[PDB]
Peer 1: 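Dropping the structure in here first, questions after.
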2 protein chains.
Amino acid sequence: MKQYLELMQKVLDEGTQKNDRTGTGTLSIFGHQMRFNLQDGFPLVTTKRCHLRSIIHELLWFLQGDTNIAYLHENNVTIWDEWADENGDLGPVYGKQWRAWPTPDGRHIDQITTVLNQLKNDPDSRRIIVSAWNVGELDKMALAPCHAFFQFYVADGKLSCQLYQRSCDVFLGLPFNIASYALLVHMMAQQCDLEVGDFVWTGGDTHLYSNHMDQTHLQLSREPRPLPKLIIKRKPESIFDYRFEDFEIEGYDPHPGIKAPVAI
Amino acid sequence: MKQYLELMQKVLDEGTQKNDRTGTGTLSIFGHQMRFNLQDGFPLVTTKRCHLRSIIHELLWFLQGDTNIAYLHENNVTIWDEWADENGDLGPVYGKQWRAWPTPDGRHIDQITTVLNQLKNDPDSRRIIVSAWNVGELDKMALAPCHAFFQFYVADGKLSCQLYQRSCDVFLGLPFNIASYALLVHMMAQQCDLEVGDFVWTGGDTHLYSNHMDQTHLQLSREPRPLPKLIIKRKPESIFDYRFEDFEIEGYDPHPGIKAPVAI
Ligand SMILES: C#CCN(Cc1ccc2[nH]c(N)nc(=O)c2c1)c1ccc(C(=O)N[C@@H](CCC(=O)O)C(=O)O)cc1
Ligand SMILES: C#CCN(Cc1ccc2[nH]c(N)nc(=O)c2c1)c1ccc(C(=O)N[C@@H](CCC(=O)O)C(=O)O)cc1
Ligand SMILES: C[C@H]1O[C@@H](n2ccc(=O)[nH]c2=O)C[C@@H]1O
Ligand SMILES: C[C@H]1O[C@@H](n2ccc(=O)[nH]c2=O)C[C@@H]1O
């Protein structure tokens, strides 16, 4: 996509070499922002082939509150296996913080049905936030939340969302995280009878690992293709009632897949 | 400053008209980021006289983990009055979250000591974050945090910071928060023997109240002058024992103050 390829060229032209926990080495810039107007097409990268099947099942899993990879295995998704313990558990990550964030006095807040009552009854609220970054449970988590915090906004009968991603692997993770959120925004907009506004992405430490460099320049040599289209064949009673089958992507013509190692 | 004046102009040009919770009405955009290189000078506005005495007692009040306006009345700063109760408490806002975030199991987390040790023992960390958006305790706060989340970063011996502001009064609140956070990056860099880097400001619902149009046009017609320079006169034993005496600004020659009505 024009925004994505421009970002990669920006950490390659402006990035500094860092070191990290996986010990792999990275080129890194700090602070970046881009916008996808969702009326223009579903933001799924066309200059390498992406696997939607993993993106829809991961999102459906987050919305059910589940944090054990059993659901994901049932559906042939293996994206979280490396971080999951003996029993499939990932600890209190995204799904749990979203559906049941624990309070000091034993309550639990459901941040997804809350954001939906705000979109319905007070869409002009400046408080329409969901946060996965609970400081109090980070130590019990498999990996610390990358897509940490996000906020919805309504303007001319259209729903917009801004994510703050504190750490971004531009080659491997970012294709995934922007199609995940663009898909959450069509689901909230279908439920609130609103149109789709924009997906604003904001990055903290936005980087490219050293062992993703030739791949990065291979992708960068491709001309982006026309952006796909999301067709939803049903309007479930709730945001928690979607199924994989209700989602169709039309017009998707990517350049060939590019393979690359995942850091530990 | 040029970055700040441009956002004022982006909200008047592009802003949508919204009805906010005070009934006053706002010119509003969603999603904006501004980068400040703190080597080029202290980012205090010069097209209107900003008052650093309130900016600095509030930040030392925050680092103390105090949520009561008592200390703030002793130093003649009146910014928190109409939101405190009849005993002076604001409930667990910023300072309580920064110094003592409560787990569901009794314990507390000191996010500034956590960040101090990360900049001194793991400076390449992509988790150098402090958050004040505690979803369990939002009910308990006199006002939900506007400056909700921030992340530090170190690259070639420089300390950077990025703040996410979910709500921003451009004419009134924004000069205050830019000076406040840029001030903390100097404190942190001084304790951690680092040089100062960029101050990335990202905003969600960025807005200008309708009753602030006159003052905006007045300020938008004034030319930005040289940024001040900040001096920290002595080096304290920790970040917790600084005082108002320790801070100074040479070369700050601003335009007159500009008086504006506050909305509640
Ligand atoms: C983001 C996210 C969720 N996640 C979780 C997640 C966890 C740790 C991480 N660690 C690193 N180094 N990079 C990541 O982006 C990352 C992502 C993902 C997990 C696997 C793949 C992956 O291996 N990629 C594809 C290859 C093609 C593609 O990029 O889609 C694959 O399925 O093999 C992607 C995302
Ligand atoms: C941001 C923040 C913290 N805060 C808290 C805070 C809380 C609620 C708010 N509500 C509204 N409507 N706008 C705000 O900017 C705002 C700010 C502030 C409090 C007061 C001033 C203010 O009125 N500044 C005046 C007078 C202060 C002075 O004399 O120094 C000025 O003209 O500078 C700014 C920020
Ligand atoms: C933890 C490492 O994987 C990256 N990562 C992880 C999860 C995710 O949603 N997106 C992403 O890019 C961040 C960092 O490079
Ligand atoms: C809640 C109202 O006050 C504003 N507000 C509050 C605190 C702060 O630091 N900055 C700011 O702009 C946001 C909105 O106009």
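Alphabetical chain letters, starting from A, follow the order of the sequence lines given. All chain A residue numbers match the PDB entry; in order, they span 1-264. We number chain B the same way the PDB entry does; the residues here are 1-264, in that order. Both ligands and their constituent atoms are indexed starting at 1 by order of listing. For the numbers below, each heavy atom of this structure counts, side chains included, while hydrogens, waters and symmetry mates do not. The way this entry was determined, per its header, is X-ray crystallography, 2.1 Å.
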Peer 1: Identify the drug located at ligand 1.
Peer 2: CB3717
Peer 1: Determine the main partner chain of CB3717 (ligand 1) by heavy-atom contacts under 4.5 Å and name it as in the PDB entry.
Peer 2: thymidylate synthase
Peer 1: OK, heavy-atom distances under 4.0 Å: which other chains does that catch around CB3717 (ligand 1)?
Peer 2: A
Peer 1: What I want to know is whether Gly173(A) and CB3717 (ligand 1) share at least one N or O pair that is separated by under 3.5 angstrom.
Peer 2: yes
Peer 1: With a cutoff of 4.0 Å, is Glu82(A) in contact with CB3717 (ligand 1), counting heavy atoms of the residue only?
Peer 2: no
Peer 1: Considering only heavy atoms, which residues of chain A annotated by UniProt as dUMP-binding lie under 4.0 Å from CB3717 (ligand 1)?
Peer 2: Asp169(A), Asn177(A), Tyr209(A)
Peer 1: Is any N or O atom of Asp169(A), backbone or side chain, closer than 3.5 Å to an N or O atom of CB3717 (ligand 1)?
Peer 2: yes
Peer 1: Can you tell which part of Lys48(A) has a heavy atom less than 4.0 Å from CB3717 (ligand 1): side chain, backbone, both or neither?
Peer 2: side chain
Peer 1: Help me out - nearest UniProt active-site residue of chain A to CB3717 (ligand 1), and the heavy-atom distance to 1 Å?
Peer 2: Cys146(A), 6 Å
Peer 1: Give, by chain and number, all residues and nucleotides of other chains with a heavy atom within 4.0 Å of CB3717 (ligand 1).
Peer 2: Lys48(A), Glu58(A), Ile79(A), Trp83(A), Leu143(A), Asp169(A), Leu172(A), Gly173(A), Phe176(A), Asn177(A), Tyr209(A), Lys259(A), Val262(A), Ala263(A)
